[PDB]
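As structure tokens, the structure follows; a few thoughts come after it.
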Amino acid sequence: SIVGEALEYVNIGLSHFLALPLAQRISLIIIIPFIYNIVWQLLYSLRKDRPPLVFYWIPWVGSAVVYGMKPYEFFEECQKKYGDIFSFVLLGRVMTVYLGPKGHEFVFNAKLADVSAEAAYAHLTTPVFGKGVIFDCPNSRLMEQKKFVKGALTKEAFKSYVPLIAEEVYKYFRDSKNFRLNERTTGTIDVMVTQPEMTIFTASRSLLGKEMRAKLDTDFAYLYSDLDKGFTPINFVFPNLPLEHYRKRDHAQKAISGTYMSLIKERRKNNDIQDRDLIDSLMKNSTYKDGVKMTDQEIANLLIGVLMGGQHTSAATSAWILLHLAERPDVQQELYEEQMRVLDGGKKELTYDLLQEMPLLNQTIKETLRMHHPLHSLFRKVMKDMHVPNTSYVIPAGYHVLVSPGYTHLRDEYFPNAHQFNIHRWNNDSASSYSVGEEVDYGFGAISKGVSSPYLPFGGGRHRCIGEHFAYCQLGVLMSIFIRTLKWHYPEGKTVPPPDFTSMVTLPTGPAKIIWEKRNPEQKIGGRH
Ligand code: HEM
Ligand SMILES: OC(Cn1cncn1)(Cn1cncn1)c1ccc(F)cc1F
């Protein structure tokens, strides 16, 4: 009974492996992990304390390509094959998707000890925004940061923001090359050019104030563009690569936060701290409950993240509203009549209160946010093994969970004829959102305890959006003026473009052009320029 010879031949075999030709070795260096990956998956399917895992050929890469380009189609296919809970490999990570309202609850309402947002996002956000805020801090700090920000987002603030936002829109109609309404009565625009510009101008003016708005008229504006490039999904895997893209980003964050700190210190020196904007508010109101004060650097960094986030969600959304209305002159017509009745033929000046009496306008935003959730996927890193209720499934620590309310937004089960733009599905239901029951406070105010609504444009739970009322205010003023001022339509043969899912926000694939026309050719916008 000699197996000793077999053991000798193991060693010999190893020895002959090392002396294979470099061509053969390389081949095996490709072959063996390829093979091994496939046997591992088939073995994984045998487990039943794990959700089904989408099969994939290329190791590490996983389903990144199909998920990257068409996430909702990927989700529908996996849903038919596996049901609502399923996993897939994504550039080194395992993602567990839980679709539908039950998925909303499972992730948005997950215990603080179970999952972590900042563990998923810090590598992306922190380089762009700066240190010490949002995801570069414990959740408890984020909770209070949101409370600080919310303090400049009150109804009284909105009343003062509306005339400011209105001024910026009219100034843009007057002075932008894309319009020049005093010189031209019709023209073609790329909505992906005009809306990011209109969004930053209106949000800067209202949230940051006149000084910071004034800066955007100069070469300074280029830094925001640079900083914008740091906010892409590439940084989700490659956050720091010694290339120019990453230096301009880093330089921008320093440069922009430098500018904000400069204003903060100037105001404090001159005792010029009032109730004008978000800067005044954070200067007066940014002490944590343990007594630690946010630094001027942290305040500036928080300003960047808040403005940047709201920039991309809002610009994408106003772009979609215009693009959907471009093929619906019936809806423009209906929106226009509401403007005439509420504002008395346009003789009343637009106020925040009058905005609230424009349900069809507000429903149009609501419906656009249904068909185009700006964030198609939201992530959490799983910090300890989670048991999926009413299943035998366990999501181990190290996995990521992925929730997608935008997907449910497009399901016929919850929204009949979901792929049809219909603002009237929200008749007598024009609120941006609301809790249909019990509430809870995570540190930034009472919000809905349940997150099982099939409509969740602003998420839910501790990470829930706090910019929703600002977004409706901004989008409301913007669309109210667009409607009263212009009609618009598609170039012949053009229709609503498909989403570009490959960016951080699900903006339309551009260029996406519409043709505008003045409702009143002779109308003039006053002021100097
Ligand atoms: C159409 C407009 C917007 C939509 C649809 C939207 C959507 C969302 C969603 C879904 C989340 C939750 C993310 C998650 O659960 O992982 C969120 C969080 C947040 N958003 Fe918004 N947002 C919008 C505009 C804004 C604006 C205008 C601001 C600021 C002025 C803003 C600031 C924030 C903040 C501070 C959070 C908290 C992030 C966290 O706690 O993890 N958003 N938003
Ligand atoms: O939630 C975001 C970050 N994010 C998550 N997936 C993709 N981007 C986006 N966002 C949501 N509303 C507005 N922006 C965010 C949250 C807070 C924030 F300050 C910035 C920021 F980008």
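Residues: numbered from 1 along the sequence shown. Every number for a ligand or one of its atoms is a count from 1 in the order of the listing.
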Per the PDB entry, what is the name of the chain that shares the largest number of close contacts with ligand 2? Lanosterol 14-alpha demethylase
Can you remind me what the drug at ligand 2 is called? fluconazole
Provide, to 0.1 Å, the distance between atom 5 (C) of fluconazole and the closest protein heavy atom, together with that atom's residue and name. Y121 CE2, 3.7 Å
Looking at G305, which atoms of fluconazole are within less than 4.0 Å of one of its heavy atoms? 18 (C), 19 (F), 20 (C)
For atom 10 (N) of fluconazole, the protein heavy atom that lies nearest, with its residue and separation: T313 CG2, 4.0 Å
Can you report which non-hydrogen protein atom sits closest to atom 17 (C) of fluconazole, along with the distance? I134 CG2, 4.7 Å
State the residue and atom joined to fluconazole by a covalent bond, or say none. none
Please list, in number order, the atoms of fluconazole under 4.0 Å from a heavy atom of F129. 20 (C), 22 (F)
Can you check whether a protein heavy atom sits less than 4.0 angstrom from atom 2 (C) of fluconazole? no
Would you mind telling me if fluconazole is within reach of the side chain of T125, the backbone, both or neither, using heavy atoms under 4.0 Å? neither
Under a heavy-atom criterion of less than 4.0 Å, does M308 contact fluconazole? no
Using a strict 4.0 Å cut-off to heavy atoms of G309, name the atoms of fluconazole that fall inside it. 13 (C), 14 (N), 20 (C), 21 (C), 22 (F)
Mark up the atoms of fluconazole that fall under 4.0 Å of a heavy atom belonging to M504, in ascending order. 7 (C), 8 (N)
Among all protein heavy atoms, pick the one closest to atom 9 (C) of fluconazole and tell me residue, atom and distance. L375 CD1, 4.1 Å
Under the 4.0 Å line, does any protein heavy atom show up next to atom 15 (C) of fluconazole? no
Out of all atoms in fluconazole, which are within 4.0 Å of some heavy atom of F231? Include the element for each. 8 (N), 22 (F)
Per-atom contacts, fluconazole versus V306 - under 4.0 Å to a heavy atom: 19 (F)
Which residues and nucleotides from other chains come within 4.0 Å of fluconazole, counting heavy atoms only? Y121, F129, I134, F231, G305, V306, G309, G310, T313, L375, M504
